[PDB]
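Here, pemafibrate is shown bound to Peroxisome proliferator-activated receptor alpha.
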Amino acid sequence: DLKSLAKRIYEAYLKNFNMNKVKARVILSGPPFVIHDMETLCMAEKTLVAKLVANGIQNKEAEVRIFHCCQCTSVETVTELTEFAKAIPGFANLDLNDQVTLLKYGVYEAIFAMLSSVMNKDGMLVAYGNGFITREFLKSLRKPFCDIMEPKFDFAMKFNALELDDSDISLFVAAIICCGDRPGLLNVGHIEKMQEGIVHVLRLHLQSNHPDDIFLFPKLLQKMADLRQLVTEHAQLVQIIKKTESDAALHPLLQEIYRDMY
Ligand SMILES: CC[C@@H](Oc1cccc(CN(CCCOc2ccc(OC)cc2)c2nc3ccccc3o2)c1)C(=O)O
C-alpha cells in the first residue's frame, strides 16, 4: 500500500505541475531563447511577455519587469501546489484554515525545491521552458535585484547533486507541505500523523529508488530545514524591495502568503 501511495503522489505531481525534471532536462539538453544581456532580455520580452513591454516610455525598469515575471510564475505554481495537496492522504480532511496555513508556509519551500529542476550552473529555464536566463545576467542586475536568484542557484547546485528524479521530488514536495510545526496550526495532532505517513512513504521510496545512497533520507530532512531558512531570508529581501522600490509591486495572493509569515 505504501508503494501504491508513492505512485499516487507521483501521478498527482505529473498531472498538476506544468514543469518537471524530465521536461526541464529535455529542454536543457538542446527552443529556448537565451537571455544573457539587456538586448536579449528585451527581445525575449517582446516575444514571450509582449504586454509587459507594450507601454513605451511608461515601461518599468528592467529589474522591476523581471521581479514581476518572477512573481507571475510563483502565483501559477501556488495554484498547482494547492491542487496537488489534495492527493496527500489526510490533507483534504483537515480544517480549511489548517490547509491554508500548511500551504502558506510550504509553498515557497516547494517552489525553491522544484526550481532546482530548471537550473544548471549557468542559468535557468523561464517562461514555461521557452527562455533560458543566465546566472551571470541575474547577478548583473542592480542591487537589490541581483540578490534574488543567486542563493537559489546555490541551493540548487547541491540539491541537484543528489540526483533525485520526479518520483522522489513529488514525495519531497508532499513532505514539505505536511510540516506539523508551522505557526498557528489548530489540529497539530492530525497533521503530525499525516506528516508521519508521508515521511514513511518518502523514506521507503528513497530506500528502494536510491540503494546507493544510504543517507539520502537524512540529507533530504536537512534540505527541508535549509529551504525553511532560504524562504525566511527570501521573505526579508522581498520586504526590503517592497518598501524601497516604488515600482516593484507585489501580487495580492503573494502579499497574503508573505503577510505575518516570519
Ligand atoms: C521576485 C519575488 C519572487 O521571487 C522568486 C524567486 C525565485 C523563483 C521564483 C519563481 N520562479 C522564477 C520564475 C522566473 O520567471 C521569469 C519569466 C520571464 C522572465 O524574463 C522574460 C524572467 C523570469 C520559478 N521558476 C520555477 C520553475 C519550476 C518550478 C518553480 C519555479 O519558480 C520567484 C517571489 O517571491 O514570488
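Using the numbering of the PDB entry, the residues shown for chain A are 202-231, 237-468, in order. Reckoned from all heavy atoms, side chains included, excluding hydrogens, waters and symmetry mates. Remember, it's 1-based here, ligands and their atoms both numbered in the order they're listed.
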*What do you reckon, does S280 have a nitrogen or oxygen under 3.5 Å from a nitrogen or oxygen of pemafibrate?*
yes
*Test item, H457 contacting pemafibrate (heavy atom, 4.0 angstrom)*: no
*atom 7 (C) of pemafibrate [closest protein heavy-atom partner, distance rounded to 0.1 Å]*: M355 SD, 3.4 Å
*Using a strict 4.0 Å cut-off to heavy atoms of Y314, name the atoms of pemafibrate that fall inside it.*
34 (C), 35 (O), 36 (O)
*Which of the atoms in pemafibrate, numbered in the order shown and given with their element, are less than 4.0 Å from a heavy-atom of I317?*
30 (C), 32 (O)
*Could you establish whether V324 and pemafibrate come within less than 4.0 Å of each other, counting only heavy atoms on the residue side?*
yes
_Geometry only, no angles: is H440 polar-contacting pemafibrate at N/O separations under 3.5 Å?_
yes
*Which UniProt domain of chain A holds most residues that touch pemafibrate?*
NR LBD
*Any idea which protein heavy atom is nearest atom 8 (C) of pemafibrate, and the distance to it?*
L321 CD2, 3.8 Å
_Tell me whether pemafibrate is touched by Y464 - counting only heavy atoms on the residue side and a distance under 4.0 Å._
yes
*Hey, is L460 touching pemafibrate through its side chain, its backbone, both or neither, going by heavy atoms under 4.0 Å?*
side chain
*What indeglitazar-binding residues, per UniProt, in chain A have a non-hydrogen atom within 4.0 Å of pemafibrate?*
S280, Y314, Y464
*Look at atom 11 (N) of pemafibrate and say which protein heavy atom is nearest, naming residue and atom and giving the distance to 0.1 Å.*
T279 CG2, 3.8 Å
*Among all protein heavy atoms, pick the one closest to atom 21 (C) of pemafibrate and tell me residue, atom and distance.*
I241 CD1, 3.9 Å
*Which residues does the binding site of pemafibrate contain at 4.0 Å, with heavy atoms considered?*
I241, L247, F273, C275, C276, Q277, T279, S280, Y314, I317, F318, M320, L321, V324, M330, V332, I354, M355, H440, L460, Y464
